[PDB]
A.B. asks: 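This is the structure I want to talk about, given as structure tokens.
Chain A is the first sequence line, chain B the second, and so forth, proteins listed ahead of strands; every chain is numbered from 1. In listed order, ligands and their atoms are each counted from 1.
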Amino acid sequence: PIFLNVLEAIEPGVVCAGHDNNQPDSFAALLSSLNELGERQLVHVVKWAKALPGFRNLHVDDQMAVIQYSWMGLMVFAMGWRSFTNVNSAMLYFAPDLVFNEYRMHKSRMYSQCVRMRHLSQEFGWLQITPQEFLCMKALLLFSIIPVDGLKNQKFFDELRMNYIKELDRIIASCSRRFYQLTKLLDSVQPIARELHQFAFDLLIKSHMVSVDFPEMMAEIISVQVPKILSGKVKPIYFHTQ
Amino acid sequence: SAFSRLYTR
Ligand SMILES: CC(C)(O)C(=O)Nc1ccc([N+](=O)[O-])c(C(F)(F)F)c1
């Protein structure tokens, strides 16, 4: 199983936030930790993406673009899986040192997004998602959001996306019913990532007022790339309508 | 960009 062998081999390990859990919770400290964790997860997403089958065939500017646009959905989907595997979806397992109960969900001012992520986590159980389906679906999320004006080499992106869809068909192979379930789940990531992008953007704009720290790469991506998504210049590729 | 500097390492 060459393709799956590779996906298993490149899967990131454990990433910690560096949060101080030995202190009462506050909005500013929770969000400063989420921002630091997002920067550390982005570094791991870069190392992972560069090692994916075929990814180096894309134009380098397209490699960078798709990682920056898809990062939030990749992170949502991986966190939903960790939450399912580690705590049976009872809390959101952002990191081993950043685990959100409902109180923290509320305190973060991201409560609606968190409830939707907990529901995603539960779906992993409800739909009996296998670890191999998880790995193939997460890779496909890298190839699921692009600019309306086109990538530099759009044809090479389309071919690589199609090949990942073929690998998902091979893992499924009753096949249609499963494809329907998995593509509905994939499509459900996108509105959650949309709402997290909106929150992140608004928080960056008011960050000095609320004492939240953003690392350099997070501030750049949220100010340069995220607004292309919010302004409708970069859009998800949905399976179902939508 | 900070991202592109990271990527091109
Ligand atoms: C607020 C913002 C930009 O820090 C943020 O959404 N951070 C963040 C960090 C990590 C993770 N994660 O997957 O572990 C996620 C999320 F994808 F779950 F939502 C968000």
A.B. asks: State which drug is present at ligand 1.
C.D. replies: hydroxyflutamide
A.B. asks: What is the name, according to the PDB entry, of the chain making the most contacts with hydroxyflutamide?
C.D. replies: Androgen receptor
A.B. asks: Which other chains sit close to hydroxyflutamide, with any heavy atom less than 4.0 Å away?
C.D. replies: A
A.B. asks: Binding site of hydroxyflutamide: which residues fall under 4.0 Å, heavy atoms only?
C.D. replies: A/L31, A/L34, A/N35, A/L37, A/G38, A/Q41, A/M72, A/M75, A/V76, A/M79, A/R82, A/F94, A/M117, A/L196, A/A200
A.B. asks: Where is the nearest protein heavy atom to atom 3 (C) of hydroxyflutamide: which residue, which atom, and how far?
C.D. replies: A/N35 OD1, 3.5 Å
A.B. asks: Which hydroxyflutamide atoms are under 4.0 Å away from a heavy-atom of A/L196?
C.D. replies: 19 (F)
A.B. asks: Specify the source organism of chain A, per the PDB record.
C.D. replies: Homo sapiens
A.B. asks: Working on this structure - any idea which UniProt domain of chain A most of the contacts with hydroxyflutamide come from?
C.D. replies: NR LBD
A.B. asks: Answer yes or no: does an N/O atom from A/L34 fall short of 3.5 Å to an N/O atom of hydroxyflutamide?
C.D. replies: yes
A.B. asks: Among all protein heavy atoms in this structure, tell me which lies nearest to atom 13 (O) of hydroxyflutamide, with the distance rounded to 0.1 Å.
C.D. replies: A/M75 O, 2.8 Å
A.B. asks: Return the closest protein heavy atom for atom 12 (N) of hydroxyflutamide as residue, atom name and distance.
C.D. replies: A/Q41 NE2, 3.1 Å
A.B. asks: Any atoms of hydroxyflutamide less than 4.0 Å from a non-hydrogen atom of A/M117? List them with their elements.
C.D. replies: 18 (F), 19 (F)
A.B. asks: So if I count the atoms of hydroxyflutamide from 1 in the order they appear, which ones are less than 4.0 Å from some heavy atom of A/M72?
C.D. replies: 6 (O), 17 (F)
A.B. asks: Which residue and atom name correspond to the protein heavy atom nearest atom 17 (F) of hydroxyflutamide, and how close is it?
C.D. replies: A/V76 N, 3.0 Å
A.B. asks: Considering non-hydrogen atoms of the protein only, which is the closest contact for atom 16 (C) of hydroxyflutamide, and what is the distance?
C.D. replies: A/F94 CE2, 4.0 Å
